[PDB]
Structures are given as C-alpha cells and as structure tokens.
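What follows is one structure encoded as structure tokens, with my remarks underneath.
Chain letters: A, B, ..., in sequence-line order. The PDB entry numbering applies to chain A: residues 681-686, in that order. Chain B is numbered as in the PDB entry; the shown residues are, in order, 342-676. Hydrogens, waters and symmetry mates play no part in the numbers below; they use all other heavy atoms, side chains included. As the structure lists them, so they are numbered: ligands from 1, and atoms in each ligand from 1. The header says X-ray crystallography, 1.6 Å.
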Amino acid sequence: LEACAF
Amino acid sequence: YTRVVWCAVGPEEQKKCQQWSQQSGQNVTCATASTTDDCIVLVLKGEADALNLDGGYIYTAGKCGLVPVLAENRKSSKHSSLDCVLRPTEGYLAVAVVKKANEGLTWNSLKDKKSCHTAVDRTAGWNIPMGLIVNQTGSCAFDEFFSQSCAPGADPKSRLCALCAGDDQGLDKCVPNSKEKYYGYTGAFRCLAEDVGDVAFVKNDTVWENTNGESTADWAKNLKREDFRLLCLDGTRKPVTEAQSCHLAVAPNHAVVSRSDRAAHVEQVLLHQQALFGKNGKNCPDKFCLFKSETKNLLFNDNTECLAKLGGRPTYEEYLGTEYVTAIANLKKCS
Ligand SMILES: *[C@@H]1O[C@H](CO)[C@@H](O[C@@H]2O[C@H](CO)[C@@H](O)[C@H](O)[C@H]2NC(C)=O)[C@H](O)[C@H]1NC(C)=O
Ligand SMILES: *[C@@H]1O[C@H](CO)[C@@H](O[C@@H]2O[C@H](CO)[C@@H](O)[C@H](O)[C@H]2NC(C)=O)[C@H](O)[C@H]1NC(C)=O
Ligand SMILES: C[C@H](C(=O)O)c1ccc(-c2ccccc2)c(F)c1
Ligand SMILES: *[C@@H]1O[C@H](CO)[C@@H](O)[C@H](O)[C@H]1NC(C)=O
Ligand SMILES: [Fe+3]
Ligand SMILES: [Zn+2]
Ligand SMILES: [Zn+2]
C-alpha cells in the first residue's frame, strides 16, 4: 500500500 | 539538449534499441537489463532515462517516483479527426482465452487447469485475473490455484513456472523477458495455441493479431479464430468477436515512464523520434520502424500507431485509475 519495492 | 538513454529488457530488445540508437544519430542510446524491474532500478538510479511499461509495472515504477510521459495509442475503434498524438487513449480489453475444442472449460471451472500468463505483475496476464481469482476464492493461495502455469517472473522451481520453456537452448526458463518462449502477450497466446496451457490471460488484440494469417510465424500461421473462445465472468463462453461483452477488465494502455526531472526532455525527444520512425514516419519503413518487431512487441507493442500526449499531467495513480490501483494494492496484500 505504501513504499517503493526497491 | 541531452541524449535520452532508453532501457531495453533482454537481448532482443537491446538489439532493436541499438538499431534505433544508430538510426537516431545517438539522440537515443541504450542501457539493457534482464527484467523490467531491473530497468526501473536503472531509471531510479539515473543510469537510464525511460522505457515503455505495462500498467502493472507503471504501478511498481510510480510507487518509486517515476511518472507517465506519453501513452501507446493503437488504431481507435471510432473515427476521429484528431491527430493520433492528441487523441485520448482507449484502454485495451483483458481477456481469458481457451480453445473451442476444450469444451466445458469456463471461468468457473478453472481450478486445477494449466494457465499461460504474460508475466507476474502485468495487467491482463496477472493483476486482473489473479486479483479476480483471489477475490472469488477468498484465498491468497493463488499459487496453488492452477495445477501448473507459465507465469514469467515467478520462482522457476515452482508450479507457476512449470510450463515455461526458456530459450532455444532451454536456458532462462521463466525469465520475464522475450528470451522465454512463452513470455508476454504473444508468448502466452502461443502457450495456449500449442496446448501447453488450457487458458491464456492476454488481451483482445493478441488473439486477432496472431490468427487468420495476421501472423506468418510458424506457430501462428495456421491458427484460426474460430478455434478459440473467450471466457466471460458470468460463466459463458463466447467467440473472440465478442470481447466488448466478454472481457475481464479494461486495462490502461502501456506508457513511457521517466523520472520527473527528465519527463519533459523524454517527451520532446520521443515526439521527434516518432515523427522519423513511427507510423508514416519520415524514415519508416525505409530506414527503421520504432513500432515494428516481427510481432514480438519489442520496446513498444507492434500495434502502436503513435505515442500520445497525456491529458491533465496525470500522476501514476491518475493514469492507472483509482479502481485498478486499489485492485493491485488488494492483490499485493497476498504476498
Ligand atoms: C479486438 O482486437 C482487434 C485487433 O486489434 C480489433 O480489430 C481491429 O479493429 C480495428 C478498428 O478498431 C480495425 O480497423 C482493424 O483492422 C482490426 N484488426 C484485425 C486484425 O482484424 C477489434 O476491434 C478488437 N475488438 C474489440 C471489442 O475491441
Ligand atoms: C478484489 O476485491 C476488493 C474488495 O472489494 C476490491 O477492492 C474494492 O474495489 C472497489 C471498486 O474500485 C472500491 O469501491 C473498494 O474500496 C475496494 N475495496 C477495498 C477493501 O479496498 C478489488 O477491486 C477487487 N479486485 C478486482 C481485481 O476486481
Ligand atoms: C489513462 C488510461 C489509458 O488507457 O491510457 C486509462 C484507460 C482506461 C481507464 C478505464 C477504467 C475503467 C473503465 C474503463 C476505462 C482508466 F482509468 C485509465
Ligand atoms: C538529433 O537531435 C537533434 C536535436 O533535436 C537534431 O538537431 C537532429 O536532427 C536529431 N537527429 C536524429 C537523426 O534523431
Ligand atoms: Fe499489458
Ligand atoms: Zn467492461
Ligand atoms: Zn491530476
């Protein structure tokens, strides 16, 4: 739902 | 001005990009990575500028700050006086396709069958059908729904990669790039055409473009539309002429993404490049055609008429649409 995957 | 550094996914796309780069007098140059996620990382680091992405990858890129720049626009169903570059995009129809001879396979009997997907995390091949299946089964265990699949990008030892075939030498099984024989729209449709899978999750155009002599490729050249059916969500089966009434979803068109700070430059360079190499471009077909790749949809879909300007300088959420973004977020709660 929130942050960059990297 | 600066050169624009495109990111190519896998060696076939790299080959095409290098031809584009030669033809453009290095106004465009090429970085290459093995997967679309890795290209998104090169762009985040500033080591490439841009690439064109399916909507599911636009979601990954947009959560990381990259923005949509121009969208693919294919031939539109309705006449329009508008120039392709100013025409609003009409999404594409995600569909579930089976062989007509596989009688009695419907949406409601997909459990334990063999499936063909464009790749994990793509719109029609994965997010829309697996999102619907998690919802309808009330279970996150989507990795045990089909008996076997080809879902490029999944673990290669898992049942989700058991049908994948890799490259000529049988290496790179399940990698999510054009080296995997069953990657992408045309690879997943081939997986169904060859009866490796019972069902393929692709888009409407894929079926039409690879049947009835529209493709001269060996695996496609004999396929007849009438030998395929679409699966509708109410459990019926229709001919592939009926996609407007038997689809899983309407998907946002693939689009070019970049960092914000390079979006305006990427946009300017691309509008000039398609004027040279696009459909009716000054140097296409004589020198180079940016939206051809012998049906293999390398860098852009081969059915692209142009890249078109976006309305309302949209964020990635606005370009994907709230409904789809919320569907992806729900699905990614599973894993
Ligand atoms: C499903 O996809 C096909 C292929 O893109 C569509 O057929 C094309 O439609 C355009 C007009 O919209 C024609 O002018 C092309 O000649 C058609 N192509 C082929 C290969 O036959 C078809 O319209 C799409 N169906 C739906 C419901 O969108
Ligand atoms: C899977 O189900 C969830 C739960 O209903 C869907 O999420 C909803 O989508 C609607 C329509 O956009 C919204 O009004 C709701 O707020 C969403 N609910 C929740 C809990 O987030 C999702 O659209 C479904 N997935 C698919 C692919 O259809
Ligand atoms: C912007 C994008 C595109 O095709 O380029 C796009 C396309 C389609 C939709 C859309 C969403 C629900 C029903 C019908 C269409 C949407 F919200 C966004
Ligand atoms: C390279 O780009 C520059 C600046 O837009 C332009 O002057 C030149 O014509 C371009 N050439 C090609 C071949 O893309
Ligand atoms: Fe797609
Ligand atoms: Zn619909
Ligand atoms: Zn806005």
Item to check | Drug at ligand 3 | outcome: flurbiprofen
Item to check | Top contact chain of flurbiprofen - most pairs under 4.5 Å, UniProt | outcome: Lactotransferrin
Item to check | flurbiprofen: other chains, heavy-atom cut-off 4.0 Å | outcome: B
Checklist entry - Which atoms from flurbiprofen have a heavy atom of B/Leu661 less than 4.0 Å away? => result 17 (F)
Next on the checklist: So for flurbiprofen, is B/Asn594 a polar contact partner (N or O within less than 3.5 Å, distance only)?
Outcome noted: yes
Next on the checklist: I need the nearest protein heavy-atom contact for atom 5 (O) of flurbiprofen: residue, atom name and distance, please.
Outcome noted: B/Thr430 OG1, 2.5 Å
Next on the checklist: Can you check which of B/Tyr660, B/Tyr433, B/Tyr665 brings a heavy atom nearest to atom 6 (C) of flurbiprofen?
Outcome noted: B/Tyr660
Checklist entry - At a 4.0 Å cut-off, with the gap strictly under it, does some heavy atom of B/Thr663 reach an atom of flurbiprofen? => result no
Checklist entry - Using UniProt domain boundaries, which domain of chain B contains most residues that touch flurbiprofen? => result Transferrin-like 2
Checklist entry - Where on B/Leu651 is there a heavy atom closer than 4.0 Å to flurbiprofen, on the side chain, on the backbone, on both, or on neither? => result neither
Checklist entry - What about B/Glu664: any of its N or O atoms under 3.5 Å from an N or O on flurbiprofen? => result no
Checklist entry - Looking at this entry, which organism is chain B from? => result Bos taurus
Item to check | Closest protein heavy atom (residue, atom, distance) for atom 17 (F) of flurbiprofen | outcome: B/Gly662 CA, 3.6 Å
Checklist entry - Which atoms of flurbiprofen have any heavy atom of B/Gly432 under 4.0 Å away? => result 4 (O)
Checklist entry - Protein heavy atom under 4.0 angstrom of atom 1 (C) of flurbiprofen, is there one? => result yes
Item to check | Nearest non-hydrogen protein atom, atom 13 (C) of flurbiprofen | outcome: B/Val591 CB, 4.4 Å
Checklist entry - So which protein heavy atom does atom 7 (C) of flurbiprofen come closest to, and at what separation? => result B/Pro593 CA, 3.7 Å
Item to check | Verify atom 10 (C) of flurbiprofen: protein non-hydrogen atom under 4.0 angstrom away | outcome: no
Next on the checklist: With nothing but distance in play, are any N or O atoms of B/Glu659 less than 3.5 Å from an N or O of flurbiprofen?
Outcome noted: no
Next on the checklist: Okay, heavy atoms under 4.0 Å: who's in the binding site of flurbiprofen?
Outcome noted: B/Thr430, B/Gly432, B/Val591, B/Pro593, B/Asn594, B/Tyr660, B/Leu661, B/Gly662
